[PDB]
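For reference, the structure discussed in these notes is given below.
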Amino acid sequence: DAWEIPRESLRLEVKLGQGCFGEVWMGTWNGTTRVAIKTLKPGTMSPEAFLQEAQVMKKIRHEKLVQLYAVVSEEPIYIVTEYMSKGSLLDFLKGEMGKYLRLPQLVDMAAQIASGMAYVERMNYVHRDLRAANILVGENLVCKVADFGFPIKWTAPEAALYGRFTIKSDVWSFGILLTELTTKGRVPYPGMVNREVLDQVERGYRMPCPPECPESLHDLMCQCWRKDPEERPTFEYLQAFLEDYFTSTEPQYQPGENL
Ligand SMILES: Cc1nc(Nc2ncc(C(=O)Nc3c(C)cccc3Cl)s2)cc(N2CCN(CCO)CC2)n1
(Lines of atoms letter the chains of each structure in order from A; the text may use other names.)
(Lines give C-alpha, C1' and ligand atoms only; values in the text may rest on other atoms or scores of the structure.)
Protein backbone atom coordinates (compact mmCIF):
# COMPACT_ATOMS: atom_id res chain seq x y z
CA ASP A 1 0.00 0.00 0.00
CA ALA A 2 1.10 3.60 -0.63
CA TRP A 3 0.03 4.81 2.83
CA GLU A 4 2.36 2.46 4.74
CA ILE A 5 5.14 3.83 6.97
CA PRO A 6 7.96 2.28 9.04
CA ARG A 7 7.09 1.81 12.73
CA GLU A 8 10.30 3.72 13.45
CA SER A 9 9.15 6.93 11.77
CA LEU A 10 6.30 7.24 14.30
CA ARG A 11 6.76 8.85 17.70
CA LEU A 12 3.92 8.99 20.20
CA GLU A 13 4.69 11.96 22.44
CA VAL A 14 1.53 13.07 24.27
CA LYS A 15 -1.43 10.86 25.15
CA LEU A 16 -4.62 12.73 24.19
CA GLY A 17 -7.50 10.38 24.91
CA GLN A 18 -8.63 6.81 25.48
CA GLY A 19 -11.40 4.39 24.60
CA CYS A 20 -12.30 0.70 24.76
CA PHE A 21 -10.58 -0.04 21.46
CA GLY A 22 -7.45 2.11 21.69
CA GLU A 23 -5.88 5.54 22.18
CA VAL A 24 -5.14 8.85 20.45
CA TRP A 25 -1.71 10.49 20.67
CA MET A 26 0.04 13.60 19.44
CA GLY A 27 3.35 12.73 17.83
CA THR A 28 5.97 13.07 15.13
CA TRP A 29 6.13 11.30 11.77
CA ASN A 30 9.48 11.14 9.96
CA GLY A 31 10.95 13.27 12.76
CA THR A 32 9.38 16.43 11.28
CA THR A 33 5.63 16.28 10.75
CA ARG A 34 3.35 16.87 13.73
CA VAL A 35 0.67 14.20 13.38
CA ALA A 36 -2.18 12.63 15.34
CA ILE A 37 -1.97 8.89 16.00
CA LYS A 38 -4.80 6.51 16.89
CA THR A 39 -4.09 3.00 18.17
CA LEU A 40 -6.09 -0.21 18.52
CA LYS A 41 -5.71 -2.37 21.64
CA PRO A 42 -4.93 -5.86 20.24
CA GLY A 43 -7.81 -8.17 21.16
CA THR A 44 -10.50 -5.56 21.86
CA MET A 45 -11.73 -4.81 18.33
CA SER A 46 -11.10 -6.82 15.17
CA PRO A 47 -8.36 -5.42 12.88
CA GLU A 48 -10.74 -5.66 9.93
CA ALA A 49 -13.22 -3.55 11.90
CA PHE A 50 -10.75 -0.92 13.12
CA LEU A 51 -9.36 -0.59 9.60
CA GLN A 52 -12.74 0.02 7.94
CA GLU A 53 -12.39 3.64 9.09
CA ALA A 54 -9.02 4.06 7.37
CA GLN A 55 -10.27 2.42 4.18
CA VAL A 56 -12.98 5.09 4.12
CA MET A 57 -10.62 7.95 4.98
CA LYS A 58 -8.62 6.85 1.93
CA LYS A 59 -11.24 7.84 -0.66
CA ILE A 60 -11.90 11.13 1.14
CA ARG A 61 -10.01 14.41 0.71
CA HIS A 62 -11.41 17.81 1.68
CA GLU A 63 -9.93 20.74 3.63
CA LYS A 64 -12.81 20.48 6.12
CA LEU A 65 -12.44 16.76 6.77
CA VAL A 66 -9.59 15.41 8.88
CA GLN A 67 -6.96 14.03 6.52
CA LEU A 68 -5.37 10.57 6.53
CA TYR A 69 -1.57 10.55 6.24
CA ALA A 70 -0.46 6.95 6.67
CA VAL A 71 -1.35 3.60 8.21
CA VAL A 72 0.33 0.60 9.80
CA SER A 73 -2.09 -2.16 8.85
CA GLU A 74 -0.36 -5.06 10.61
CA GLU A 75 -0.91 -5.51 14.35
CA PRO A 76 -0.49 -3.60 16.41
CA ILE A 77 -2.32 -1.10 14.21
CA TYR A 78 -1.91 2.67 13.98
CA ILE A 79 -3.91 5.14 11.90
CA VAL A 80 -2.25 8.49 11.22
CA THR A 81 -3.80 11.85 10.37
CA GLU A 82 -3.03 15.56 10.48
CA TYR A 83 -3.07 16.98 14.00
CA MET A 84 -5.73 19.42 15.23
CA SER A 85 -4.23 21.56 17.95
CA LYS A 86 -7.34 22.45 20.03
CA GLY A 87 -9.25 19.18 20.47
CA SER A 88 -12.97 18.65 20.02
CA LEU A 89 -15.17 21.65 19.31
CA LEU A 90 -17.14 20.67 22.43
CA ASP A 91 -14.18 21.07 24.79
CA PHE A 92 -13.20 24.26 22.97
CA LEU A 93 -16.71 25.72 23.22
CA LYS A 94 -17.09 25.17 26.98
CA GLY A 95 -13.44 25.80 27.85
CA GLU A 96 -11.43 29.03 28.26
CA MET A 97 -12.19 30.12 24.65
CA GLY A 98 -15.92 29.81 25.30
CA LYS A 99 -16.32 33.24 26.85
CA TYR A 100 -14.70 35.19 24.00
CA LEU A 101 -16.59 33.62 21.06
CA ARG A 102 -19.52 35.52 19.56
CA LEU A 103 -21.93 35.04 16.61
CA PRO A 104 -19.49 35.89 13.83
CA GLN A 105 -16.88 33.42 15.13
CA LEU A 106 -19.47 30.71 15.76
CA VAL A 107 -21.40 31.10 12.48
CA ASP A 108 -18.07 30.80 10.70
CA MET A 109 -17.15 27.58 12.50
CA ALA A 110 -20.57 26.25 11.52
CA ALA A 111 -20.06 27.27 7.89
CA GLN A 112 -16.87 25.16 7.55
CA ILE A 113 -18.60 22.18 9.08
CA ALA A 114 -21.39 22.67 6.52
CA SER A 115 -18.69 22.95 3.88
CA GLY A 116 -17.16 19.62 4.86
CA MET A 117 -20.64 18.13 5.17
CA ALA A 118 -21.51 19.54 1.75
CA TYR A 119 -18.58 17.57 0.37
CA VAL A 120 -19.83 14.46 2.19
CA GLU A 121 -23.24 15.28 0.68
CA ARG A 122 -21.71 15.50 -2.82
CA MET A 123 -20.02 12.10 -2.50
CA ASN A 124 -23.33 10.54 -1.44
CA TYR A 125 -21.86 9.62 1.93
CA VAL A 126 -23.54 9.71 5.32
CA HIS A 127 -21.77 10.60 8.57
CA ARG A 128 -24.30 9.34 11.16
CA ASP A 129 -22.73 10.97 14.21
CA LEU A 130 -22.53 14.67 13.46
CA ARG A 131 -22.17 16.66 16.68
CA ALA A 132 -19.72 19.04 18.36
CA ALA A 133 -17.83 16.27 20.18
CA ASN A 134 -16.93 14.98 16.72
CA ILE A 135 -15.60 18.22 15.30
CA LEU A 136 -11.94 19.02 15.81
CA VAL A 137 -10.52 22.54 16.04
CA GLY A 138 -7.19 23.87 14.83
CA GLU A 139 -5.26 27.11 14.62
CA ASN A 140 -7.29 30.20 13.76
CA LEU A 141 -10.71 28.62 14.46
CA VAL A 142 -10.36 25.97 11.75
CA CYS A 143 -13.09 23.36 12.22
CA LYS A 144 -12.94 19.95 10.52
CA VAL A 145 -15.42 17.06 10.58
CA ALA A 146 -13.91 14.05 12.35
CA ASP A 147 -14.60 10.32 12.85
CA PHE A 148 -15.46 8.66 9.55
CA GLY A 149 -15.90 5.12 10.88
CA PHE A 150 -26.78 6.37 21.86
CA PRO A 151 -26.70 10.02 20.68
CA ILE A 152 -30.52 10.29 20.62
CA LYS A 153 -30.53 14.04 21.32
CA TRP A 154 -28.55 14.51 18.11
CA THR A 155 -30.28 11.90 15.95
CA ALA A 156 -33.27 12.49 13.70
CA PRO A 157 -36.50 10.64 14.58
CA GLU A 158 -36.61 8.45 11.47
CA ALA A 159 -33.06 7.34 12.23
CA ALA A 160 -33.50 6.60 15.95
CA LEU A 161 -36.88 4.93 15.36
CA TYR A 162 -36.68 3.12 12.03
CA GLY A 163 -32.91 3.22 11.46
CA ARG A 164 -33.33 5.36 8.33
CA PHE A 165 -29.99 7.21 8.33
CA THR A 166 -29.27 9.74 5.56
CA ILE A 167 -27.57 13.04 4.75
CA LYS A 168 -31.01 14.41 5.67
CA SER A 169 -30.78 13.08 9.23
CA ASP A 170 -27.20 14.33 9.27
CA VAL A 171 -28.80 17.72 8.59
CA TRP A 172 -30.98 17.20 11.65
CA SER A 173 -27.81 16.69 13.71
CA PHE A 174 -26.34 19.84 12.21
CA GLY A 175 -29.48 21.58 13.48
CA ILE A 176 -28.77 20.21 16.93
CA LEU A 177 -25.09 21.14 16.49
CA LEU A 178 -26.18 24.77 15.99
CA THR A 179 -27.58 24.83 19.51
CA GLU A 180 -24.20 23.63 20.80
CA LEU A 181 -22.45 26.50 18.99
CA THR A 182 -24.99 29.01 20.37
CA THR A 183 -25.13 27.82 23.97
CA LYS A 184 -21.35 27.46 24.13
CA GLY A 185 -21.42 23.69 24.61
CA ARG A 186 -24.63 22.93 26.51
CA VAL A 187 -26.31 19.51 26.22
CA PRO A 188 -29.42 19.81 23.95
CA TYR A 189 -32.90 19.63 25.53
CA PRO A 190 -31.72 20.68 29.04
CA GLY A 191 -33.18 18.66 31.92
CA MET A 192 -34.74 16.21 29.48
CA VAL A 193 -33.72 12.55 29.48
CA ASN A 194 -33.59 10.38 26.36
CA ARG A 195 -37.07 8.84 26.64
CA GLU A 196 -38.93 12.17 26.89
CA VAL A 197 -36.92 13.64 24.01
CA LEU A 198 -38.23 10.91 21.70
CA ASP A 199 -41.79 11.42 22.94
CA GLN A 200 -41.73 15.21 22.84
CA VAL A 201 -39.90 15.51 19.51
CA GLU A 202 -42.27 12.98 17.98
CA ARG A 203 -45.06 15.12 19.47
CA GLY A 204 -43.81 18.24 17.66
CA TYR A 205 -41.62 19.78 20.37
CA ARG A 206 -38.48 21.72 19.38
CA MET A 207 -35.96 23.63 21.51
CA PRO A 208 -36.70 27.37 21.56
CA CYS A 209 -34.45 30.19 20.44
CA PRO A 210 -31.31 30.17 22.62
CA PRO A 211 -30.61 33.40 24.61
CA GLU A 212 -29.33 36.19 22.34
CA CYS A 213 -29.52 33.93 19.30
CA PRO A 214 -31.06 35.90 16.41
CA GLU A 215 -34.41 34.41 15.29
CA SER A 216 -33.05 33.97 11.75
CA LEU A 217 -30.65 31.30 13.03
CA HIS A 218 -33.38 29.63 15.06
CA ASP A 219 -35.48 29.41 11.89
CA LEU A 220 -32.50 27.77 10.20
CA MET A 221 -32.43 25.32 13.10
CA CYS A 222 -36.15 24.60 12.75
CA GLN A 223 -35.77 23.91 9.01
CA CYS A 224 -33.13 21.28 9.81
CA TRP A 225 -35.64 19.84 12.31
CA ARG A 226 -38.58 19.46 9.92
CA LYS A 227 -40.43 16.17 10.47
CA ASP A 228 -40.16 15.21 6.79
CA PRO A 229 -36.49 14.50 5.97
CA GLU A 230 -37.03 15.81 2.42
CA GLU A 231 -38.16 19.26 3.56
CA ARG A 232 -34.82 19.60 5.35
CA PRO A 233 -32.28 21.92 3.65
CA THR A 234 -29.19 20.62 1.88
CA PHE A 235 -25.67 21.22 3.14
CA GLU A 236 -24.84 23.18 -0.02
CA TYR A 237 -27.71 25.41 1.05
CA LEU A 238 -26.73 25.56 4.74
CA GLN A 239 -23.17 26.40 3.68
CA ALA A 240 -24.13 29.34 1.50
CA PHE A 241 -26.62 30.71 4.05
CA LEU A 242 -24.01 30.77 6.85
CA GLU A 243 -21.23 32.24 4.70
CA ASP A 244 -23.57 35.07 3.63
CA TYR A 245 -25.19 35.39 7.05
CA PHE A 246 -24.05 38.83 8.16
CA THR A 247 -24.83 40.44 4.81
CA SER A 248 -27.93 38.68 3.48
CA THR A 249 -29.70 37.74 6.72
CA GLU A 250 -28.52 39.67 9.76
CA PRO A 251 -26.84 42.82 8.40
CA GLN A 252 -28.00 44.90 11.40
CA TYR A 253 -26.13 42.64 13.86
CA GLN A 254 -24.87 44.26 17.08
CA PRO A 255 -22.59 42.40 19.56
CA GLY A 256 -24.22 41.29 22.80
CA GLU A 257 -23.05 40.10 26.21
CA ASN A 258 -22.60 36.51 24.96
CA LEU A 259 -23.51 36.18 21.25
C1 LIG B 1 -8.39 14.36 21.76
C2 LIG B 1 -7.52 15.52 21.26
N3 LIG B 1 -7.21 15.58 19.96
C4 LIG B 1 -6.43 16.56 19.46
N5 LIG B 1 -6.12 16.57 18.15
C6 LIG B 1 -6.42 15.61 17.27
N7 LIG B 1 -6.13 15.68 15.95
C8 LIG B 1 -6.55 14.60 15.25
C9 LIG B 1 -7.17 13.67 16.00
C10 LIG B 1 -7.76 12.35 15.53
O11 LIG B 1 -8.44 11.67 16.29
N12 LIG B 1 -7.51 12.06 14.26
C13 LIG B 1 -7.95 10.90 13.74
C14 LIG B 1 -7.10 9.78 13.70
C15 LIG B 1 -5.69 9.88 14.29
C16 LIG B 1 -7.54 8.57 13.14
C17 LIG B 1 -8.83 8.48 12.61
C18 LIG B 1 -9.68 9.60 12.64
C19 LIG B 1 -9.23 10.79 13.20
CL20 LIG B 1 -10.28 12.17 13.25
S21 LIG B 1 -7.24 14.15 17.59
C22 LIG B 1 -5.95 17.55 20.30
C23 LIG B 1 -6.28 17.49 21.66
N24 LIG B 1 -5.82 18.45 22.59
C25 LIG B 1 -6.14 18.22 24.03
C26 LIG B 1 -6.51 19.52 24.72
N27 LIG B 1 -5.54 20.57 24.37
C28 LIG B 1 -5.93 21.79 25.12
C29 LIG B 1 -5.45 23.06 24.39
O30 LIG B 1 -5.85 24.22 25.16
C31 LIG B 1 -5.40 20.82 22.93
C32 LIG B 1 -4.93 19.56 22.22
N33 LIG B 1 -7.05 16.47 22.11
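Along the sequence shown, residues are numbered consecutively beginning with 1. Whatever order the structure lists ligands and atoms in, that order sets their numbers, starting from 1.
- Found at ligand 1 is the drug dasatinib.
- Counting heavy-atom pairs under 4.5 Å, the chain with the most contacts to dasatinib (ligand 1) is listed in UniProt as Proto-oncogene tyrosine-protein kinase Src.
- Counted by heavy atoms under 4.0 Å from dasatinib (ligand 1), the UniProt ATP-binding residues of chain A that qualify: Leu16, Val24, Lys38.
- In chain A, the UniProt-annotated active-site residue lying closest to dasatinib (ligand 1), at the minimum heavy-atom distance rounded to 1 Å, is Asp129, 11 Å.
- Of the residues of chain A touching dasatinib (ligand 1), most belong to the UniProt domain Protein kinase.
- Heavy-atom contacts of dasatinib (ligand 1) within 4.0 Å involve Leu16, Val24, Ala36, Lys38, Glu53, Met57, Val66, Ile79, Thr81, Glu82, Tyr83, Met84, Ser85, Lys86, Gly87, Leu136, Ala146, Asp147.
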